[PDB]
Student: 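Below is the structure I would like to discuss, written out as structure tokens.
Chains are designated A, B, ... according to the position of each sequence line. Using the numbering of the PDB entry, the residues shown for chain A are 1-230, in order. Using the numbering of the PDB entry, the residues shown for chain B are 1-230, in order. Read the numbers this way: they start at 1 and go in the same order the structure lists the ligands and their atoms. Computed over heavy atoms, backbone and side chain alike; hydrogens, waters and symmetry mates excluded.
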Protein chains: 2
Amino acid sequence: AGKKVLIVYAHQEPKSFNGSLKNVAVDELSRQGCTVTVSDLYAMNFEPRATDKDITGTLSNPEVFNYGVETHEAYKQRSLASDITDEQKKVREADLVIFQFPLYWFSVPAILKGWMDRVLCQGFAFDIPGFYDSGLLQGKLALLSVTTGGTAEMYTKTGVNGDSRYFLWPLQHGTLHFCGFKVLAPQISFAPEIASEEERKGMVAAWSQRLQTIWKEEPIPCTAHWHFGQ
Amino acid sequence: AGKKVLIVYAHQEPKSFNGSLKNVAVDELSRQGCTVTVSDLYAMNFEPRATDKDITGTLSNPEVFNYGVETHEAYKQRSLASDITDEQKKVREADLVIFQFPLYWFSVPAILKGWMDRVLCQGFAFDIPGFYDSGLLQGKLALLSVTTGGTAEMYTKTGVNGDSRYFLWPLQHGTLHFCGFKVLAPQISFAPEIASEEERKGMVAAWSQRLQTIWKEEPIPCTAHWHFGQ
Ligand SMILES: Cc1cc2nc3c(=O)[nH]c(=O)nc-3n(C[C@H](O)[C@H](O)[C@H](O)COP(=O)(O)OP(=O)(O)OC[C@H]3O[C@@H](n4cnc5c(N)ncnc54)[C@H](O)[C@@H]3O)c2cc1C
Ligand SMILES: Cc1cc2nc3c(=O)[nH]c(=O)nc-3n(C[C@H](O)[C@H](O)[C@H](O)COP(=O)(O)OP(=O)(O)OC[C@H]3O[C@@H](n4cnc5c(N)ncnc54)[C@H](O)[C@@H]3O)c2cc1C
Ligand SMILES: COc1cccc2c1C(=O)c1c(O)c3c(c(O)c1C2=O)C[C@@](O)(C(=O)CO)C[C@@H]3O[C@H]1C[C@H](N)[C@H](O)[C@H](C)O1
Ligand SMILES: COc1cccc2c1C(=O)c1c(O)c3c(c(O)c1C2=O)C[C@@](O)(C(=O)CO)C[C@@H]3O[C@H]1C[C@H](N)[C@H](O)[C@H](C)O1
Ligand SMILES: [Zn+2]
Ligand SMILES: [Zn+2]
């Protein structure tokens, strides 16, 4: 069990709850002897915008810019911007990719959305054909570790926000599964801002605890039924 | 009449199918006598990252940075960065906000995600109280005009991508409904890229044609049931 983990981390403040979850991941995975890398997006001033700056070569059509076409061709030619290919190396080497982030509008913060848009390009993360179970990152695991303002009860079928799993669909299925990841069950730390000090440490320790045995876990069945029920 | 429309547009290429949909909207709504404003995020090099540059002057806590709180206060205290307040003014004035974008990872392109993250701050778009039915943008309509790479066949309950309504939930319900918008039926232009000019013109025309009677429309019931039910 010599494993490589990439944590893609998206919080502005090292002393945040997200920051603590990120750090206990690094501590506990390091302790196990795993190889660990963190992409700290805000600290890298990570570029989120999909633009023609992401290709440095001769464009396939320089008069009508098609991001998807130009990045696919640029990946094959190796003329992608280097901040993109630096992240791809990290992914390629990883056995597990953990995403650590606060929920922003039922989704990831824009800086991490940009990571997904720019890094997971055609040719690297998927092809046509070559997606979902035939996606190019098959054999890798991914895991969303999410924090929320709202409560667990708010994130139920009958609660105001609907079930937590509803908002996971575009990320777990439309992105990770599409790229061929197997998806481990999400870690959702609900409403730490509201929680007591003891409840906070508890949530942190539950994460650290889960990580002790993460390599023994099976992935979820990443299906409409899992996310939405019958 | 005197209706005000903001189009928030997220495409790199003026000649794109998205560009054409935005321009038809400008043309037809202008023709009707509406007041029309376009936020061209890519042309504006719109900042998507939520950072402490979003607050001008001195922060409520320069030691430990909490984006939500710092921007809550800054809105209340009129100290938000001008790119944000410029956008908020456009929204405040609008009766209808149309979002025009290609689908990126079952969601909006990161640059548009950044607009939602940074522009729809606490105190402007929502508060305790005032969310969902009572959110601070009540009285306004919102409409998502999405283009996809995938076919309508794939975006069904049993198709590989699941029902298009599944990916609408975080946008329509978690974001737009949450802020008080009444949400018009989405405009989904499926797989323009592989369609014939005959079918493309048809999609553009349905859009122009739909815009003729947009102000007569009923909002969808923006419910978990509308999105996931039978
Ligand atoms: C733009 C935006 C959009 C948002 N959209 C949504 C949304 O759609 N849905 C939703 O539910 N929420 C939403 N939120 C709220 C957001 O998800 C939460 O504020 C976020 O998840 C909280 O995590 P945090 O790291 O920022 O918390 P923090 O405020 O950093 O943490 C809470 C407390 O934990 C303490 N702490 C830190 N380390 C430890 C430690 N190791 N042990 C114990 N305590 C510790 C911190 O000091 C802090 O007091 C949004 C917020 C923003 C800004
Ligand atoms: C990072 C990334 C992530 C993506 N994720 C997804 C995803 O999760 N799911 C998914 O389904 N797809 C996804 N896509 C694909 C994407 O949604 C489609 O490529 C996009 O919607 C195509 O729209 P467009 O405006 O760019 O098309 P274009 O290529 O610009 O347009 C299609 C054709 O219509 C022509 N046209 C333009 N104007 C007119 C007109 N007025 N009348 C007639 N014809 C006209 C254009 O010239 C062009 O030839 C992703 C793409 C990228 C780059
Ligand atoms: C755009 O963000 C959202 C979008 C959709 C839903 C939501 C949110 C959201 O931000 C959010 C919250 O921030 C919070 C909650 C929440 O449900 C949501 C959403 O559902 C739960 C909460 O309000 C309580 O439990 C109150 O007792 C605490 C928390 O607020 C935090 C953040 C601020 N510091 C706030 O002033 C208060 C002190 O606690
Ligand atoms: C990260 O993007 C995605 C994420 C999840 C699902 C999807 C996509 C996606 O991009 C996507 C597509 O781009 C395309 C399709 C699609 O289903 C998806 C997703 O489901 C359908 C398509 O392949 C055909 O209908 C061909 O007959 C055309 C189209 O391909 C685009 C790009 C190809 N390189 C080629 O240029 C083709 C003409 O258009
Ligand atoms: Zn899946
Ligand atoms: Zn709703």
Student: Hey, quick one: which chain has the most contacts with ligand 4 in this structure? I'd like the name as the PDB entry has it.
Tutor: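 Greatest contact count: Ribosyldihydronicotinamide dehydrogenase [quinone].
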Student: Write down the drug at ligand 4.
Tutor: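 Found there: doxorubicin.
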Student: Which other chains show a non-hydrogen atom at a distance under 4.0 Å from doxorubicin (ligand 4)?
Tutor: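 Heavy-atom contacts under 4.0 Å involve A, B.
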Student: What do you think, any protein heavy atom under 4.0 angstrom from atom 30 (O) of doxorubicin (ligand 4)?
Tutor: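 Answer no: nothing from the protein, no heavy atom, is under 4.0 Å.
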Student: How far is atom 17 (O) of doxorubicin (ligand 4) from its nearest protein heavy atom, and which residue and atom is that?
Tutor: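 Going atom by atom, the protein heavy atom closest to atom 17 (O) of doxorubicin (ligand 4) ends up being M154(B) SD, 3.0 Å.
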Student: So which protein heavy atom does atom 8 (C) of doxorubicin (ligand 4) come closest to, and at what separation?
Tutor: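 Protein heavy atom with the smallest distance to atom 8 (C) of doxorubicin (ligand 4): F178(A) CZ, 3.8 Å.
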Student: Taking atom 35 (C) of doxorubicin (ligand 4) as the reference point, report whether a protein heavy atom occurs under 4.0 Å from it.
Tutor: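 So atom 35 (C) of doxorubicin (ligand 4) lacks protein heavy-atom neighbours under 4.0 Å.
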Student: How about atom 10 (O) of doxorubicin (ligand 4): does it have a protein heavy atom within less than 4.0 Å?
Tutor: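 Given the 4.0 Å cut-off, atom 10 (O) of doxorubicin (ligand 4) does not count as touching protein heavy atoms.
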Student: With heavy atoms of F126(A) as the reference, note each atom of doxorubicin (ligand 4) found under 4.0 Å away.
Tutor: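 In order of number, 1 (C).
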Student: Among all the protein's non-hydrogen atoms, which is closest to atom 27 (O) of doxorubicin (ligand 4), and how far away is it?
Tutor: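 Nearest protein contact, heavy atoms only, for atom 27 (O) of doxorubicin (ligand 4) is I194(B) CG2, 4.3 Å.
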Student: Can you report which non-hydrogen protein atom sits closest to atom 18 (C) of doxorubicin (ligand 4), along with the distance?
Tutor: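 Among all protein heavy atoms, the one nearest atom 18 (C) of doxorubicin (ligand 4) is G150(B) N, 3.9 Å.
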Student: Closest non-hydrogen protein atom to atom 15 (C) of doxorubicin (ligand 4), residue and atom name please, with distance?
Tutor: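 I find the closest protein heavy atom is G149(B) O, 3.0 Å.
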Student: Could an N or O of doxorubicin (ligand 4) be found under 3.5 Å from any N or O of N161(B), whether backbone or side chain?
Tutor: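 Yes, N161(B) has an N/O under 3.5 Å of an N/O on doxorubicin (ligand 4).
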Student: Can you report which non-hydrogen protein atom sits closest to atom 33 (C) of doxorubicin (ligand 4), along with the distance?
Tutor: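 Answer, as residue, atom name and distance: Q122(A) OE1, 3.9 Å.
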Student: Looking only at N/O atoms, are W105(B) and doxorubicin (ligand 4) under 3.5 Å apart anywhere?
Tutor: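 In this structure, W105(B) places no N or O atom under 3.5 Å from an N or O of doxorubicin (ligand 4).
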Student: Can you sort out which atoms of doxorubicin (ligand 4) are near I128(A), meaning under 4.0 Å from one of its heavy atoms?
Tutor: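 Atoms satisfying the 4.0 Å criterion: 23 (O).
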Student: Within 4.0 Å (heavy atoms only), which residues surround doxorubicin (ligand 4)?
Tutor: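 The heavy-atom site around doxorubicin (ligand 4) is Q122(A), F126(A), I128(A), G174(A), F178(A), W105(B), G149(B), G150(B), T151(B), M154(B), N161(B), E193(B), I194(B).
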